[PDB]
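Working notes, beginning with the structure itself.
Note: chain IDs run A, B, ... matching the order in which the sequence lines appear. Using the numbering of the PDB entry, the residues shown for chain A are 1-306, in order. Here chain B follows the PDB entry for its numbers: 1-302, in order, are the residues you see. Just the heavy atoms: all of them, side chains too, but no hydrogens, waters or symmetry mates, feed the values below. Indexing begins at 1, ligand by ligand and atom by atom, following the structure's order. This entry, so its header tells us, was determined using X-ray crystallography, 2.3 Å.
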Amino acid sequence: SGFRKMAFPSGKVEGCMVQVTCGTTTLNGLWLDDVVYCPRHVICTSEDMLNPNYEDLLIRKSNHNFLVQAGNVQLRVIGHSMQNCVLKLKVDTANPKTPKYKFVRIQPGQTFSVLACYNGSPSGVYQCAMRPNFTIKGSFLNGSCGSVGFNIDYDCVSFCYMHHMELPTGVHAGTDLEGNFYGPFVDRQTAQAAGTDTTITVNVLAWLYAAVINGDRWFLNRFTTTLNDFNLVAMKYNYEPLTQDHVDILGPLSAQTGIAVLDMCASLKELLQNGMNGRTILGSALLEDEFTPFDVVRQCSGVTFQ
Amino acid sequence: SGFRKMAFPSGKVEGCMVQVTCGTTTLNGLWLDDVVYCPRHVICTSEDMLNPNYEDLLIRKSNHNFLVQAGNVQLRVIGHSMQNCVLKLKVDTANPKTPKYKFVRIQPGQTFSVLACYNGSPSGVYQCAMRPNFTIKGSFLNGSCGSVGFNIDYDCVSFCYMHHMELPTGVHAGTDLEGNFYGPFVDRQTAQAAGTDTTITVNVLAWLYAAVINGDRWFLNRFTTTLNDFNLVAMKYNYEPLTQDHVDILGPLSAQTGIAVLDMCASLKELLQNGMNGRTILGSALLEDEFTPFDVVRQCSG
Ligand SMILES: Cn1cnc(Cn2c(=O)nc(Nc3cc4cn(C)nc4cc3Cl)n(Cc3cc(F)c(F)cc3F)c2=O)n1
Ligand SMILES: Cn1cnc(Cn2c(=O)nc(Nc3cc4cn(C)nc4cc3Cl)n(Cc3cc(F)c(F)cc3F)c2=O)n1
């Protein structure tokens, strides 16, 4: 029993984090096979930045400029190239700690563990959620660029994120491992912010199902709504429209809890209106939207990810 | 910027987890050097649940009774001893993944990470705090015995918790790696219950300093309070008393933010008499108490 925000065991990823240095610029890199991936903003000087020309800035370089630091062993770079906003440094040695891995791109509302590293040395791990505004509410000090977000499926590490920058609002923005930025952003210093965020409704309903599994059953009413009626109330309170796909995903939790979706959307409708009346659900004084429905199965029913 | 709950990279502990099986009992084991640490409850059966004589049951097992499984590799147990509530198993191979480790015993209010493991297979990692009542509000299922709590300090793993049992309230009780239980609990099925939990005050004040560092500033006042007038109010709200030590440990946060500790104690005193009038601190609508002044300084700026 008990419920916590849980991340995947970051062991497999820690062996791939390396330090990449270009000029005075230093950040973290992901070393898989004989290639090191890092933000392409590493070849940037404050003299460029602002309005860059990465393709241009790129070619005019060398292979001894990039100091790929793996621990205190150095790596000979033998070729660079771009791929959207991610730079790939080809090095002479395959990473012997390379896991089963694939690059994936996540939809908003999906969750992933973040291994925040500073100067190639992993420092902390936590569990994030892709916000609807395509930002993540991370905790990143300076020099966090190159920190990677991932998930683990059996023994396959699914790299879905790479850190790039903090917005002035305080949230963070990055790309997938193929350079495609998450959201309406570019990798430079301009005044940038994204759309006003919204609650991931499907994750809140999965969090309520976890509270019922943990005996926290006070919010359960006796009523039932429709997807049409719920989404109309959901729009008012900056909640994401719940769709039919979202419903089917909550199927297992419904049958294992004995409740029902829409019946749960009845409780959430009331909670979105009355508030919680000074009570707490799983000890939280808000509504949590950082647990996907599969996250709740992994933490209450559960499988191990070695 | 941004303030998250942050556990340590569980990489070094994953390489130490094994699966210990004694008869039909299968919990997780901590493989360090040529010794495998695990809760001594693994040597129990159905009849031995309420009042086990573990010394009787231990001089009651042979080395061939223990099955240790690091991945596909079965390990050969060549000795079984007991120190308090943890069973120690000599194996003929040392774990080549063994880190720089040391066994420490934390005090209530100290935080640590937890690697939840099932059948020697790590499944997840999260951040706990040792509650003042010596339990932890962890997340654990059946098969999670042997899961360890830890902190990491310059690639040196400090093992400070080993999960043994879940209490009726749903909180969890375990031992240090020397087998000494945290709290008035014993590894038996005797109906047990922990004292009434309280909020770690010094952790809340540390979290409030972390909010002001992050520019957050919806909750400060012009007031100050005496340490005894603060403790008098905090105790009325199931809060821990604040010692002169706790005031000194909050020293460097009071320095880096220019807000004296007793000034912040007044800002907390006001917070408890009103609530939050809707507003949130660092995204929380409740007061956080699982960030030590160490973690707060760790995660925050300079
Ligand atoms: C507080 N915070 C939250 N997230 C971040 C991530 N982040 C970062 O780590 N570094 C950045 N600029 C650099 C300065 C360097 C100085 N040296 C010696 N080396 C440096 C390397 C970097 Cl990468 N930035 C700023 C930033 C980085 C970008 F890649 C980008 F496209 C726009 C930006 F404004 C940063 O946000 N820090
Ligand atoms: C739901 N939950 C959350 N945390 C825990 C911790 N925990 C555990 O993992 N296992 C326990 N009993 C066992 C039964 C077994 C059945 N087989 C085949 N093998 C078994 C092994 C164990 Cl270890 N317990 C109960 C428990 C374990 C103790 F070590 C103890 F001293 C008293 C207890 F009541 C448990 O709490 N479960």
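Counting heavy-atom pairs under 4.5 Å, the chain with the most contacts to ligand 1 is listed in UniProt as 3C-like proteinase nsp5. At ligand 1, the drug present is ensitrelvir. By chain and number, the binding site of ensitrelvir (ligand 1) (heavy atoms under 4.0 Å) reads A/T24, A/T25, A/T26, A/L27, A/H41, A/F140, A/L141, A/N142, A/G143, A/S144, A/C145, A/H163, A/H164, A/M165, A/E166, A/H172, A/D187, A/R188, B/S1. Looking only at protein heavy atoms, the nearest one to atom 27 (C) of ensitrelvir (ligand 1) is A/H164 O, 3.1 Å. Among the atoms of A/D187, none of the N or O lies under 3.5 angstrom from an N or O of ensitrelvir (ligand 1).
For ensitrelvir (ligand 1), the main contacting UniProt domain of chain A is Peptidase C30. Close N/O approach between A/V186 and ensitrelvir (ligand 1) is not found [any backbone or side-chain N/O within under 3.5 Å]. The A/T25 neighbourhood of ensitrelvir (ligand 1) comprises atoms 19 (N), 20 (C), 21 (C), with distances under 4.0 Å to a heavy atom of that residue. Considering backbone and side-chain N/O of A/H163, one or more are found under 3.5 Å from N/O of ensitrelvir (ligand 1). Backbone and side-chain nitrogen or oxygen atoms of A/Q189 are examined, and none is located within less than 3.5 angstrom of a nitrogen or oxygen of ensitrelvir (ligand 1). As recorded in the PDB, the organism behind chain A is Severe acute respiratory syndrome coronavirus 2.
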